[PDB]
Asker: 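Let me give you the structure first, and then I'll get to my questions.
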Amino acid sequence: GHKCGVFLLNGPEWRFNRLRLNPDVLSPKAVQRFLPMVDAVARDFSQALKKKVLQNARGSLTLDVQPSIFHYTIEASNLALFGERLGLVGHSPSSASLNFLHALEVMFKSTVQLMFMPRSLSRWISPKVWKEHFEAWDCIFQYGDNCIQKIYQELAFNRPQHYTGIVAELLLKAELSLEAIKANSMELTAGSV
Amino acid sequence: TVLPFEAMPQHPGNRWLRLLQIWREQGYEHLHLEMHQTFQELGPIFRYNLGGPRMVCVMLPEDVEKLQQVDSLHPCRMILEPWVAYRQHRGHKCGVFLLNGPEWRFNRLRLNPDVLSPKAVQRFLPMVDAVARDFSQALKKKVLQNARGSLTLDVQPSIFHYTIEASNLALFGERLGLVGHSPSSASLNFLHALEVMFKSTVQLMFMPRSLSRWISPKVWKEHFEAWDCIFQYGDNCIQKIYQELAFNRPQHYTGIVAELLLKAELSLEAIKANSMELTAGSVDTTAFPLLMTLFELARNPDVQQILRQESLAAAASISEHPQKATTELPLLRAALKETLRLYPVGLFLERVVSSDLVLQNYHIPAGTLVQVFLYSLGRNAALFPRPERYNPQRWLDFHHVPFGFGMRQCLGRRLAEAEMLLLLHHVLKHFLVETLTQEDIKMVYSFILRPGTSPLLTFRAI
Ligand code: HEM
Ligand SMILES: N#Cc1ccc([C@H]2CCCc3cncn32)cc1
Ligand SMILES: N#Cc1ccc([C@H]2CCCc3cncn32)cc1
């Protein structure tokens, strides 16, 4: 019963959505506000690596950086988007963050398995892939739907003067319906990783 | 004038059809509601067909007062089969919560001075205060990491870990690492086991062991396995302290249990049993009321501002002497009572009557189990005008009995109060509590009464 965000829309619904999203997501003015938040996180990343690095006699650290990079993008995104700092740079992955990387992976995998046949074949030829596909999006939606509940409640009580992320500007303007803000808020939260 | 015990209205139900309803559903989560809607329809008092055994359910302060007059020297409450059974299966002694008679009284009189005595509270408050402070400091470090300077979360986990941290410090002088860090596997196992233990208590306590023996044999296995992990959390705690105090006696204060050990007026086995009850007993019963309070404050901004104002007022004097929190925060003490009026953790008081007595003008025969139902008592519109309204001032003036009464009334009462009192104190001086969730939280019975849902709270630092 959800609405589709811009990534999934065609026609006039799309344009109506997109034009209310540019100013706060894409514009040089938008950037000017969320870039210092992004920068803080990126500073934090390097600050955390350097600490771990200087603990070694050889002043180096050799690792798979994929895990920390993925958590970097989740942090910087959640900040820019939702004004929130999750503790995912220079600290372990949380079970929520890991469950979400995993769901996105499955979602994409299982996206490939369904994309290429019409619904009426996949229906009975691969029922367990639909069941799988939907469960990933359930997990995905739960995550992003967390962020929204948090900020939605926060904003019901005090409407800040300073900049606190992209979704705030969105809610505050209320140019878009709540369902629309939700759908797009989800796409950015899934898409930004 | 006085009427025969059988003149009393009867509860409609069966001890048998409820056996099965529990058998089937693996619980009895609506008990409180069902009991409430039975008082509505039958008046302040009714008997239940236990099938020979006599039980009466009452809801009036009038009737609590009558019941205390009949507390003997050895007030009895019903033997709680599954819990006692675990003690006999493992040969451990019983604690004050499970003892009756002379053995009860011997234990109780040697536990009051260090667990409940206001002298004791004066020694352990300042420790409790430290955990309460550590809790708001932790919250405020996180809150201030967010741009809107607020955190919106489910607090239940961290509330539960507070009551473990504080209890353990009050009790053992041990500061586990549990506030402003993550739950341990020892923590989550303990909480899990406590919950399982309550759950199974319900599944077993409504039918005799002869029946449950073969009706739910693995529910018994579940209960014991739960206790096993509970008695292993507690024993670990005691073995630590017992071996410290064998090697030297401190001259300063270092806990409720230590005082007991140093005095050795009770045998090691007796101390062991009681510490167990105190360790298991000081977690869920403190944490739920505390949670419930945060929620009523969250949904009564006005009552919260009064409380904060009186906590900013008392702020400097209290940090200077934490032991003063009891006398500088009466409005907050009241809110607690108000929380418990509405959300009484222990649903019932109960007495197996030593003497004939007369309630609501019926004859009550000796050896009758009289249960008092607090959910109804405190929701009795006629005694608490606008009962559905959260109003601490109500208590500023026998209507407050959620810890019980007489010699038997909760031994952890003053510890429970201090832990809730100090946490709220520090949350209020640092944060505004907020929710959009203004609709009532459905309570639920598994041995204790507890929120079924956990509301999403926002903590905004000022
Ligand atoms: C809000 C918190 C609490 C509430 C509402 C509560 C409630 C009660 C109630 C209703 C009783 C029945 C007493 C009677 O029948 O007269 C009781 C007894 C008891 N409680 Fe609590 N309790 C709380 C917290 C605690 C804590 C924190 C501890 C441990 C430190 C504890 C340990 C005990 C013990 C050992 C008894 C048995 C006392 C006896 O039979 O003499 N309780 N409590
Ligand atoms: N919902 C959603 C959602 C999840 C991931 C994306 C990602 C992955 C697909 C290609 C792409 C372009 N821009 C972002 N994306 C886009 C949307
Ligand atoms: N052992 C034990 C034990 C565990 C939990 C409790 C709790 C739950 C039952 C009602 C109550 C009153 N005071 C504390 N409690 C009491 C004893």
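By convention in this document, chain letters (A, B, ...) are assigned in the order of the sequence lines, proteins followed by strands, and residues within each chain are numbered from 1. We use all heavy atoms of the structure for the numbers below, so side chains are in, but hydrogens, waters and symmetry mates are not. Start at 1 and go down the list; that is how both ligands and their atoms are numbered. Only a part of the entry is shown; contacts are counted within it.
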Asker: Mind telling me the name of the drug at ligand 3?
Answerer: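 It's fadrozole.
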Asker: Which chain accounts for the largest share of heavy-atom contacts with fadrozole (ligand 3), under its name in the PDB entry?
Answerer: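 By the greatest number of contacts, it's Cytochrome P450 11B2, mitochondrial.
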Asker: Which other chains get a heavy atom nearer than 4.0 Å to fadrozole (ligand 3)?
Answerer: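 By letter, the heavy-atom neighbours are B.
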Asker: Give the residues of chain B annotated by UniProt as 21-hydroxyprogesterone-binding that have any non-hydrogen atom less than 4.0 Å from fadrozole (ligand 3).
Answerer: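 UniProt annotation plus heavy-atom distance gives no residue.
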Asker: Could you check which UniProt heme-binding residues of chain B come within less than 4.0 Å of fadrozole (ligand 3), heavy atoms only?
Answerer: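 UniProt binders with a heavy atom in range: none.
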Asker: By chain and residue number, what forms the binding site of fadrozole (ligand 3) with heavy atoms closer than 4.0 Å?
Answerer: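 By heavy-atom distance, those residues are B/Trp83, B/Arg87, B/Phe97, B/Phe198, B/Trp227, B/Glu277, B/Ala280, B/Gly281, B/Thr285, B/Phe447, B/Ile448.
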